Enquirer: 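PDB structure, Neuronal acetylcholine receptor subunit alpha-7 holding (S)-(-)-nicotine.
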Amino acid sequence: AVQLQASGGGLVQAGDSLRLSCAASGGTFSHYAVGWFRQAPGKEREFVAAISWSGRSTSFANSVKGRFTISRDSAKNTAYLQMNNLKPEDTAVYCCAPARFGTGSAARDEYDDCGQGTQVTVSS
Amino acid sequence: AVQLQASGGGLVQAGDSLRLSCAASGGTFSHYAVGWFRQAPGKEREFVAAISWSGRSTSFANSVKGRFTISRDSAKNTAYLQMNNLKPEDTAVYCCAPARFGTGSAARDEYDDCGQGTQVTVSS
Amino acid sequence: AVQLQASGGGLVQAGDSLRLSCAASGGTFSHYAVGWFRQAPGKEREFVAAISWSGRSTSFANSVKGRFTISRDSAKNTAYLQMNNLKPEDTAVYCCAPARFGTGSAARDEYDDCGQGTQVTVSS
Amino acid sequence: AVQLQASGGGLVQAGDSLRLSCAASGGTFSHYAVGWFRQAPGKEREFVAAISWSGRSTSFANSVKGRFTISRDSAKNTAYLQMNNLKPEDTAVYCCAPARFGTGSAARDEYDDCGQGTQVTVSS
Amino acid sequence: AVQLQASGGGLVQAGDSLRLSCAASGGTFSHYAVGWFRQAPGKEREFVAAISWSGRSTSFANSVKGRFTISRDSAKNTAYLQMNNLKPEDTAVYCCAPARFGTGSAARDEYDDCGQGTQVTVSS
Amino acid sequence: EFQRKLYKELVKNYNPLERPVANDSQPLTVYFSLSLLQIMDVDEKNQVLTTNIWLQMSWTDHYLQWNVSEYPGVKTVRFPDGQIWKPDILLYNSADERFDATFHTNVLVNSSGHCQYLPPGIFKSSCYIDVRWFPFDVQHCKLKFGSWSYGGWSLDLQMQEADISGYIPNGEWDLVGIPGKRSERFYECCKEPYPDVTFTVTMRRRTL
Amino acid sequence: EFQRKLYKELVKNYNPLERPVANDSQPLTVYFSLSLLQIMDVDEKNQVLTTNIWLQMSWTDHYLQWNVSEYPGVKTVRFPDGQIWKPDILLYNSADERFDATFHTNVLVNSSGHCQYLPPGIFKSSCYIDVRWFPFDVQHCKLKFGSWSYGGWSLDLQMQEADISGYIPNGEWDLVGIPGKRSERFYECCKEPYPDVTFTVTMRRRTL
Amino acid sequence: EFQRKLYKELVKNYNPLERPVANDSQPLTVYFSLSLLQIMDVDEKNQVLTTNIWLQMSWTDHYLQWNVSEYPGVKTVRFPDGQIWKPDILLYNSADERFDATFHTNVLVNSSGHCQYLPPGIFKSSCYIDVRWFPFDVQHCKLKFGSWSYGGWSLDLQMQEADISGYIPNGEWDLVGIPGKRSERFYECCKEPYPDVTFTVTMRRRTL
Amino acid sequence: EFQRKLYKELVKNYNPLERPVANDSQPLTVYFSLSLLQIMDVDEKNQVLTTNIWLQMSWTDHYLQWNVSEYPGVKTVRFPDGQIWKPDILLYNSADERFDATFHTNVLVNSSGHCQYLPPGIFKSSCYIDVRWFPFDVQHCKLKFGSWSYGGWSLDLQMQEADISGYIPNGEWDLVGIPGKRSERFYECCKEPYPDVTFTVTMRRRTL
Amino acid sequence: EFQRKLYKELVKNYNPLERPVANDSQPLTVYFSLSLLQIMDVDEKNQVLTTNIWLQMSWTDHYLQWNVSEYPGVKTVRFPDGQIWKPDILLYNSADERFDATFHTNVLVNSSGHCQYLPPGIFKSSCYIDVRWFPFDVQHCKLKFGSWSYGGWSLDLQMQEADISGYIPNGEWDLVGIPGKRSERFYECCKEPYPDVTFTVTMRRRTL
Ligand SMILES: *[C@@H]1O[C@H](CO)[C@@H](O[C@@H]2O[C@H](CO)[C@@H](O)[C@H](O)[C@H]2NC(C)=O)[C@H](O)[C@H]1NC(C)=O
Ligand SMILES: *[C@@H]1O[C@H](CO)[C@@H](O[C@@H]2O[C@H](CO)[C@@H](O)[C@H](O)[C@H]2NC(C)=O)[C@H](O)[C@H]1NC(C)=O
Ligand SMILES: *[C@@H]1O[C@H](CO)[C@@H](O[C@@H]2O[C@H](CO)[C@@H](O)[C@H](O)[C@H]2NC(C)=O)[C@H](O)[C@H]1NC(C)=O
Ligand SMILES: *[C@@H]1O[C@H](CO)[C@@H](O[C@@H]2O[C@H](CO)[C@@H](O)[C@H](O)[C@H]2NC(C)=O)[C@H](O)[C@H]1NC(C)=O
Ligand SMILES: *[C@@H]1O[C@H](CO)[C@@H](O[C@@H]2O[C@H](CO)[C@@H](O)[C@H](O)[C@H]2NC(C)=O)[C@H](O)[C@H]1NC(C)=O
Ligand SMILES: *[C@@H]1O[C@H](CO)[C@@H](O)[C@H](O)[C@H]1NC(C)=O
Ligand SMILES: *[C@@H]1O[C@H](CO)[C@@H](O)[C@H](O)[C@H]1NC(C)=O
Ligand SMILES: *[C@@H]1O[C@H](CO)[C@@H](O)[C@H](O)[C@H]1NC(C)=O
Ligand SMILES: *[C@@H]1O[C@H](CO)[C@@H](O)[C@H](O)[C@H]1NC(C)=O
Ligand SMILES: *[C@@H]1O[C@H](CO)[C@@H](O)[C@H](O)[C@H]1NC(C)=O
Ligand SMILES: *[C@@H]1O[C@H](CO)[C@@H](O)[C@H](O)[C@H]1NC(C)=O
Ligand SMILES: *[C@@H]1O[C@H](CO)[C@@H](O)[C@H](O)[C@H]1NC(C)=O
Ligand SMILES: *[C@@H]1O[C@H](CO)[C@@H](O)[C@H](O)[C@H]1NC(C)=O
Ligand SMILES: *[C@@H]1O[C@H](CO)[C@@H](O)[C@H](O)[C@H]1NC(C)=O
Ligand SMILES: *[C@@H]1O[C@H](CO)[C@@H](O)[C@H](O)[C@H]1NC(C)=O
Ligand SMILES: CN1CCC[C@H]1c1cccnc1
Ligand SMILES: CN1CCC[C@H]1c1cccnc1
Ligand SMILES: CN1CCC[C@H]1c1cccnc1
Ligand SMILES: CN1CCC[C@H]1c1cccnc1
Ligand SMILES: CN1CCC[C@H]1c1cccnc1
């Protein structure tokens with residue numbers, strides 16, 4: 001919703017679960033889609049998961065297909081990302097980006113600039 | 001106003017305040033908006049704060065939302081950025097950029113090339 | 001086919017053969033072409049081989065012209081890349097990308113974003 | 001004038017003056033503008049100074065505003081850049097670029113590719 | 001001619017001559033121009049020399065203007081680059097690129113993607 | 001300035017080729033109405049009727065919405081032709097060489113996403129004039145409007161009564177009324193029914 | 001929203017200048033048909049016939065296809081002029097100053113890639129009217145349609161019977177039938193044969 | 001060269017779809033005036049009046065301004081159609097088939113941001129001619145102009161007296177005057193009042 | 001698919017504003033011919049002749065070439081208007097208001113780079129009709145075609161005999177022949193000679 | 001190929017909206033001339049004159065220049081409409097519905113930057129015909145041309161004598177001469193004087 005901010009990062013142990021929350025502000029949260037990206041320490045930004053503006057369409061990566069989930073909450077203007085069975089290669093910075101009336105796809109040309117994300121680290 | 005130059009950087013201690021001044025020259029200062037960006041030592045440029053050409057609209061980042069403030073002064077052709085309760089992660093180079101009749105938004109496509117900025121460092 | 005995922009990587013000895021499989025999901029596999037790219041540790045992404053949507057056209061690089069081969073299988077929605085007589089300079093990450101009704105050319109503007117690839121290493 | 005080549009670099013002591021010459025060839029020198037850029041060892045290219053095709057308009061940076069000067073000479077098809085009171089931070093590679101009927105502005109979209117420049121170093 | 005491949009690299013001593021050959025395949029060699037680029041170990045790609053599709057127009061860099069030469073041969077579908085009086089700073093990777101009915105200019109927007117080049121090293 | 005921000009935000013990801021529906025499984029409702037202003041000419045030899053008419057089309061977009069509290073002073077926007085989705089309403093019994101004789105104007109949208117479109121024009125249609133009862137006779141001329149490429153299950157066309165408040169009386173013909181009727185037909189080209197709206201002129205000759 | 005996704009996916013890598021064929025070595029089959037609605041005028045002095053006609057062109061694209069199960073609620077799409085390949089069917093014996101007098105409309109495509117195109121128009125053609133048998137005579141007016149730049153080996157044109165279900169009887173002329181025939185001719189410009197379709201009007205004057 | 005720099009600076013971030021207002025909460029004032037040059041024809045049978053007229057529209061942009069001291073030698077700029085915001089002034093009682101019969105020209109702006117627009121044209125309008133007093137009679141023909149999509153609260157239309165300095169006397173009709181009047185009306189389509197300006201011709205027949 | 005590849009390869013670096021010549025120091029040869037189909041009307045009062053004519057222009061590009069062995073199944077391509085260089089051939093003695101009355105069609109190119117262009121049209125030209133010998137007389141009407149902006153040293157125009165194979169006899173005038181002639185003239189505007197091609201109609205009135 | 005290189009070099013940084021002047025503080029000189037070819041019609045009832053005319057405009061760009069030694073074989077270039085700056089010369093006393101009735105053609109430029117523009121057209125203008133001296137009388141019809149948005153201090157318009165070398169004698173009217181005159185006027189719209197050029201027809205009726 002115009003301006004999205006992610007939170008919920010921290011330090012977790014391998015095999016645990018984590019819940020990240022992206023809160024919207026500055027506009028109507030029901031008119032935009034939410035997409036998640038990972039920055040990684042020395043790699044490029046990569047798509048993770050996305051949900052459409054109505055919640056009827058969802059998209060996930062291939063290494064996250066079975067372990068992550070995405071949900072919406074218009075009452076709190078918040079999107080929730082649930083990660084289960086975390087692995088050491090999941091340590092990175094997660095950022096949340098909006099998309100006006102998006103279809104919840106992996107295309108990067110329908111999203112806006114991501115905000116300041118949250119760092120998460122997984123220890124073996 | 002065509003050509004903007006930032007100044008006021010220096011060395012400060014954590015928890016102090018700092019005032020940066022961006023002076024305009026080469027045109028009418030009331031026809032352009034002012035945006036602030038941080039370069040950081042090894043990271044990419046990031047938006048910080050912005051104000052519209054009339055001063056009726058302002059925009060801030062999420063980690064700076066409550067600690068920074070922006071003001072205009074057409075008499076001196078100067079924009080002022082006030083930073084309060086500085087933190088160690090605020091050490092970077094700050095640059096000032098103009099935007100003709102801008103709306104004071106975070107979009108980077110409505111601004112011109114930034115000038116030579118000022119380095120600020122915060123010591124714990 | 002909308003979403004392509006590559007697999008089959010591993011550790012092999014110089015002079016051996018390797019078979020990589022790119023599986024499609026999320027759409028009709030017969031409406032898209034398949035292209036292969038190598039990332040390399042410290043170099044840029046480079047085209048390797050490509051096949052048209054009908055299998056009547058194929059394209060290869062110059063250092064891979066005689067050692068690699070590409071085939072299709074619509075029954076399993078899978079493209080197969082066979083590499084023979086591997087060399088130490090072939091150690092890299094291989095990624096698979098789709099192209100809707102592509103001609104199997106080396107042009108990068110007719111392909112979509114590559115997915116998460118497979119790492120292969122060759123030991124002398 | 002189609003092809004511009006810069007020369008005159010060398011080693012100088014802090015507080016001295018230096019004169020760089022950009023010679024044109026391959027076309028009419030009076031139909032193009034001349035712009036100067038600095039590469040720097042580990043930083044990005046930055047504009048320094050520029051002069052219009054007729055010599056009636058000039059533009060300078062902010063850290064060079066008072067110390068540098070630019071002049072034209074159609075007889076020798078040469079643009080001259082005079083630097084006075086050099087400082088240690090001025091050590092870099094200077095390159096010269098043409099612009100057909102340019103206005104002598106800092107915009108980078110009205111210039112052509114820069115040529116091979118000259119290295120200058122300032123010792124404290 | 002659609003697909004160009006360069007060859008002829010090796011190790012040479014300072015002050016010697018070297019002949020590089022770019023062979024065409026995949027189309028009519030008389031409908032395309034040939035351009036040469038150098039990659040260098042830690043620098044960016046730079047133009048070196050170019051020849052038009054008919055051989056009536058040629059272009060060279062400024063540090064190579066007097067020492068290099070370019071020629072065509074439609075019988076063998078090969079472009080030849082002759083380098084005389086090599087210098088230590090000429091050690092790099094040379095790549096050959098086509099351009100359909102090109103004018104033999106330095107513009108990079110009229111060429112296609114370069115292929116896999118040849119490494120050449122000059123020892124003092 | 002908030003108008004620039006609103007326009008830039010609205011334009012994002014918009015595709016004029018997409019029907020502005022929220023479900024894709026239900027038809028979009030469009031209300032159609034007419035406003036006659038003058039019967040310029042009635043041609044008996046060529047069986048042609050010329051009139052000045054304003055069309056009225058109303059619908060909802062669901063893609064052009066905003067909170068007025070975040071854009072103070074802005075309550076309506078206007079879009080030119082070719083930048084937003086518009087119904088392809090055409091007159092079936094057209095006699096003009098160009099077939100379509102409507103002057104395209106802007107489309108106005110308010111905060112709720114309601115779009116109105118009122119093109120003015122001079123329409124020529126083929127009508128049959130009977131002169132058997134020359135001194136006294138009532139002529140019925142029908143104007144049929146409908147969507148050309150959008151049929152049932154996609155576009156639900158509803159009718160509204162015609163407006164004759166600004167009608168200018170003619171010196172030779174007197175209007176009795178302009179009744180309207182909505183019908184649905186089947187064409188051999190496709191198995192999907194198509195709705196249409198027909199209006200009647202009901203002119204009468206003045207005995208002088 | 002699935003309509004946006006479908007449109008974006010379809011638009012990728014599409015070139016309007018390419019004939020939508022799957023082999024490039026076989027002609028593309030196009031079915032052509034006519035639908036007359038009214039004989040507006042028959043000019044004897046100028047040897048011109050004016051009528052209201054809808055053209056019908058049907059073909060297959062093979063590039064616009066999708067699985068309806070992956071795009072629920074979407075079964076048809078519509079494309080405007082200049083965004084997809086369209087046959088260049090023209091009337092050879094045209095008498096209008098503009099030559100071409102067809103109003104361009106949208107092209108409708110279903111899941112299988114079948115494209116239909118039904119432009120309406122008012123066509124003026126040159127016909128010879130014989131008045132030797134004034135009180136009683138049958139006039140034959142021919143309308144010839146064909147591709148202008150696509151000949152044999154590229155476009156195979158097939159004919160379908162004309163539709164007269166919605167024909168409006170004329171007060172002075174009576175229609176007997178509209179037979180159609182497909183022919184193939186050679187022109188001195190090129191050695192490639194070109195097909196064409198000719199329809200006959202077969203009007204008769206009413207004795208009153 | 002300063003003209004290139006001025007044009008490039010002005011074009012930045014400009015949106016033709018935005019009304020050039022500085023507050024967004026106040027109407028933009030537009031001054032409208034007419035300049036008649038010749039009454040080309042007066043048609044009695046068809047109730048149509050043809051004249052040659054130049055329109056005059058004046059307003060302010062607030063987005064096209066510069067300091068003349070920084071751009072020496074440049075005091076005015078000209079913009080073609082479709083590159084800057086322009087009022088949509090139309091003639092309500094138009095009789096031309098195209099409805100709009102104005103030739104679009106450039107818009108001139110000076111340093112202060114004042115924009116002028118003077119399109120020439122030949123306008124056909126529907127007028128009622130009374131021939132009861134054939135030898136002696138005065139005919140009143142009204143021309144009504146107004147904004148089509150911009151109403152009150154957005155565009156404040158003001159009137160200026162018509163110019164007849166370059167009028168060419170007609171050989172059969174004599175002009176008495178061209179009074180103008182500004183009015184505001186309500187339409188059933190919207191609850192927002194719309195202003196308009198009406199001019200009167202006041203022709204008189206010459207007794208010869 | 002090879003058609004997409006061929007189109008994409010051909011479009012690269014192509015500039016429609018450049019004359020498709022290989023040397024730049026020699027003129028480009030263009031062959032011009034006519035094909036008359038019907039003398040629709042001959043106006044004596046207005047001194048105007050109306051006919052239906054197809055133009056024929058042939059030339060070579062040298063930029064649109066390919067090896068058929070590398071693109072199997074592809075032997076010809078077609079380009080619309082505004083995407084490739086085309087001669088600016090115009091009729092000097094035009095009487096139509098639009099001046100140019102040609103319907104633009106596709107340009108066909110084969111593997112060797114040979115381009116053909118055959119626009120159809122209805123041309124109106126000014127001709128002098130002499131009625132002194134009313135019952136018996138032969139009328140000569142001339143049609144002059146030429147390049148408007150390309151003169152000698154740039155475009156070498158050659159003539160080909162006119163085709164009358166598909167001519168439809170007229171009921172009031174009989175054609176005797178259509179001789180053609182190529183000439184070169186000098187104009188006061190420029191010192192460069194300009195070629196042109198003139199065709200004669202040679203009509204004869206039927207005595208009935 | 002040097003033509004491609006020349007075109008690419010010239011197109012760089014060019015802005016069609018900028019007047020091609022080198023100082024910005026001096027007017028650009030434009031030479032204007034006429035070339036009449038035939039008086040197609042003279043309408044007395046409607047007071048309209050129809051003629052076939054070629055306009056001639058000459059000026060200098062200063063932005064389109066090159067050294068012929070660096071581009072061997074290239075001495076002239078041609079630019080279509082909308083890609084380079086062109087004067088907005090219009091006929092004030094136009095009677096055509098479109099007002100402007102000129103066919104746009106290419107603009108030719110030589111190495112020195114000299115641009116020529118010769119549009120052909122059929123112009124309709126309002127002229128007063130006096131029939132008091134029916135058998136013997138000389139009619140004076142004036143054609144007035146001028147810039148619409150460019151006035152003094154910006155565009156200096158100069159006149160050149162009209163060319164009648166290719167004039168075709170008329171069978172009912174005889175031309176005596178076409179004198180021209182340059183004038184400067186003030187308009188109430190602006191305080192800047194505007195120049196214009198007026199040509200006289202000077203026709204005479206043939207006594208037969
Ligand atoms: C925008 O306009 C719509 C329609 O005019 C308003 O929504 C209602 O629409 C129905 C018809 O669809 C009308 O009968 C109602 O009167 C409308 N509600 C009103 C006028 O309050 C909608 O409220 C408007 N949005 C605003 C005013 O912000
Ligand atoms: C899309 O339409 C086509 C054609 O209407 C359907 O394919 C068949 O096409 C032939 C003519 O080419 C018809 O005679 C058949 O009746 C069509 N099959 C049907 C109607 O089942 C195709 O099935 C349609 N695709 C759908 C309905 O998904
Ligand atoms: C630009 O033009 C405007 C209007 O012509 C000038 O501003 C004033 O505008 C009012 C009408 O709105 C006129 O009555 C005044 O005469 C104008 N002031 C003048 C003519 O001095 C404005 O000054 C002009 N800008 C200039 C000349 O730089
Ligand atoms: C493409 O067409 C050209 C011209 O039709 C062929 O080249 C020759 O052109 C001349 C006229 O310029 C004709 O008289 C010859 O008959 C043409 N040669 C033929 C028909 O063999 C050219 O050969 C064609 N390219 C093909 C067929 O691949
Ligand atoms: C390009 O054309 C111009 C004008 O035709 C030539 O410059 C002179 O222009 C004046 C009128 O402005 C003529 O009277 C002269 O005759 C022209 N000089 C000539 C014809 O030598 C200019 O020389 C031309 N450039 C060339 C030929 O390279
Ligand atoms: C769309 O409409 C169908 C029936 O027409 C209905 O079953 C479905 O629930 C609707 N979509 C949503 C999101 O409710
Ligand atoms: C519009 O924004 C205001 C301010 O945040 C809010 O109170 C109001 O509920 C919003 N409107 C809607 C419909 O959510
Ligand atoms: C294309 O058609 C040719 C004959 O017309 C045939 O031999 C060929 O097999 C066809 N293409 C394919 C892929 O089958
Ligand atoms: C469409 O998708 C469904 C779901 O995966 C599948 O069962 C069906 O076979 C697909 N249709 C075709 C024609 O492959
Ligand atoms: C805009 O107008 C409103 C009233 O119309 C006024 O209250 C407001 O102050 C104006 N805007 C500014 C910036 O003054
Ligand atoms: C325009 O610039 C000059 C020079 O700096 C300055 O003196 C003048 O005040 C400026 N004009 C305005 C209106 O500020
Ligand atoms: C171009 O033509 C000239 C003479 O017209 C000739 O001298 C020259 O050799 C030709 N170009 C080439 C490449 O042969
Ligand atoms: C076309 O390609 C084939 C296959 O390589 C070759 O044999 C033939 O010579 C080529 N044609 C020409 C004109 O070079
Ligand atoms: C431009 O013209 C003015 C006077 O019109 C003159 O003073 C000035 O010097 C001219 N410009 C140049 C560069 O000479
Ligand atoms: C054009 O180039 C030639 C070759 O360098 C040179 O001799 C000549 O002086 C140039 N022309 C002009 C006007 O400078
Ligand atoms: C319902 N329409 C009106 C008459 C033709 C028909 C139609 C059907 C499909 C595509 N276009 C037009
Ligand atoms: C078959 N067409 C119809 C008449 C001309 C002919 C044709 C041939 C090639 C290119 N355009 C048109
Ligand atoms: C005021 N206009 C003139 C008549 C129709 C009306 C109108 C209202 C809203 C949108 N368009 C037109
Ligand atoms: C030869 N053309 C035909 C008549 C005018 C002449 C011409 C010359 C230069 C530019 N345009 C037209
Ligand atoms: C000189 N022109 C001719 C008549 C109107 C006048 C004019 C002035 C300013 C802008 N446009 C037109």
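Within every chain, numbering begins at 1; the chains are lettered A, B, ... in the order of the sequence lines, protein sequences first and strands thereafter. The basis for the numbers below is simple: all heavy atoms, side chains too, and nothing from hydrogens, waters or symmetry mates. Atoms within each ligand, like the ligands themselves, are counted from 1 in listed order.
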Enquirer: Could you point out every ligand or chain corresponding to (S)-(-)-nicotine?
Expert: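 All copies together: ligands 16, 17, 18, 19 and 20.
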Enquirer: Which other chains line (S)-(-)-nicotine (ligand 18) with heavy atoms at under 4.0 Å?
Expert: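 The other chains in heavy-atom contact are F, H.
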Enquirer: Mind listing the residues near (S)-(-)-nicotine (ligand 18)? I'm using heavy atoms under 4.0 Å.
Expert: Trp54(F), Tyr92(H), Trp148(H), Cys189(H), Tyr194(H)
Enquirer: May I ask you to check whether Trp148(H) has an N/O atom sitting below 3.5 Å from an N/O atom of (S)-(-)-nicotine (ligand 18)?
Expert: yes
Enquirer: For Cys189(H), take its heavy atoms, then give the atoms of (S)-(-)-nicotine (ligand 18) lying under 4.0 Å from any of them.
Expert: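 Near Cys189(H), the atoms of (S)-(-)-nicotine (ligand 18) are 6 (C), 8 (C).
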Enquirer: With atoms numbered from 1 as shown, which atoms in (S)-(-)-nicotine (ligand 18) lie under 4.0 angstrom from a non-hydrogen atom of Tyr194(H)?
Expert: 1 (C), 8 (C), 9 (C)
Enquirer: I'm comparing (S)-(-)-nicotine (ligand 18) with the natural ligand. Which residues that UniProt lists as binding Ca(2+) in chain H have a heavy atom under 4.0 Å from the drug?
Expert: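 Short answer: no UniProt residue has a heavy atom that close.
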Enquirer: Which (S)-(-)-nicotine (ligand 18) atoms are under 4.0 Å away from a heavy-atom of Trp54(F)?
Expert: 4 (C)
Enquirer: Could you tell me which atoms of (S)-(-)-nicotine (ligand 18), counted from 1 in the order shown, lie closer than 4.0 angstrom to a heavy atom of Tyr92(H)?
Expert: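 Those qualifying, in numeric order: 3 (C).
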